[PDB]
S.K.: 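If you scroll down you'll find the structure; I have some questions about it.
Note that chain A is numbered according to the PDB entry, with residues 1-159 shown in order. What's counted below: heavy atoms across the whole structure, side chains too, no hydrogens, waters or symmetry copies. Counting convention: from 1, in listed order, for ligands and their atoms alike.
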Amino acid sequence: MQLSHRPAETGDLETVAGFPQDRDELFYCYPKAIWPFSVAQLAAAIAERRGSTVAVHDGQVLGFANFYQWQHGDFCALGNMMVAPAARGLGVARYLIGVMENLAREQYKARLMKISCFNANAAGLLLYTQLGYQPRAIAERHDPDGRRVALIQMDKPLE
Ligand SMILES: CO/N=C(\C(=O)N[C@@H]1C(=O)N2C(C(=O)O)=C(COC(N)=O)CS[C@H]12)c1ccco1
């Protein structure tokens, strides 16, 4: 793919907010959100986070991610990882994760990137593993139906 990236803009909101296809996908990428997803919920996330970035191919916004934790000189934690349904498995997430790693190193002087992935998200767990992330801990969380899920906390040194 001929991918580029830039900071997320207002005009991208409607597109990105269309990416989660069901409650599970929304929970996996934004567990505080309530289905149905909306532009206002995405904009609120952006306002309270850092680094919101889109990946673009052939004029189309295909990916989005941000940081929900950032500690200068230490680490960032990547979240809100969303990819357009027509572009899944084509390398958009891996591209964007690489972009966000550079942004963490360069702008936050981070030595580590943290990613948390829910247990049900096999594709996520396998991709982050391919990208050199290692599992560090498992935490209990609850899904929207009040059922227990396992949040797998992974990390990777930067550089
Ligand atoms: C306050 O912490 N509560 C969390 C909690 O760990 N949220 C954290 C938070 O924000 N994350 C995000 C996020 O919103 O970007 C994700 C999404 O990750 C990816 N890979 O896209 C995983 S979870 C973590 C939680 C989860 C369920 C109930 O509570």
S.K.: From the list tivantinib, cefuroxime, cefotaxime, give the drug seen at ligand 1.
M.R.: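 Among those options, cefuroxime.
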S.K.: Which partner chain accounts for the most atom contacts with cefuroxime, named as in the PDB entry?
M.R.: Uncharacterized protein
S.K.: May I ask you to identify, for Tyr128, whether its side chain, its backbone, both or neither come under 4.0 Å of cefuroxime on a heavy-atom basis?
M.R.: side chain
S.K.: Heavy atom under 4.0 Å from cefuroxime: found in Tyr28's side chain, backbone, both, or neither?
M.R.: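 Backbone only; the side chain of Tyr28 stays clear of cefuroxime.
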S.K.: Going by heavy atoms, is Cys117 under 4.0 Å from cefuroxime?
M.R.: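 The answer is no: cefuroxime sits nowhere under 4.0 Å from a heavy atom of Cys117.
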S.K.: Is there a heavy atom of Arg49 sitting under 4.0 angstrom from any atom of cefuroxime?
M.R.: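 Judged by the 4.0 Å heavy-atom criterion, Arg49 does count as contacting cefuroxime.
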S.K.: Taking distance alone, with N or O pairs closer than 3.5 Å, would you say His142 contacts cefuroxime?
M.R.: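 Looking only at distances, the answer is no, because the N/O contact criterion of under 3.5 Å is not met.
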S.K.: Checking the N or O distance criterion of under 3.5 Å, is cefuroxime in contact with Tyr30?
M.R.: no
S.K.: Tabulate residues with any non-hydrogen atom nearer than 4.0 Å to cefuroxime.
M.R.: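 The heavy-atom site around cefuroxime is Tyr28, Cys29, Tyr30, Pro31, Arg49, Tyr68, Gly79, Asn80, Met81, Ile115, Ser116, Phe118, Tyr128, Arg141, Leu151.
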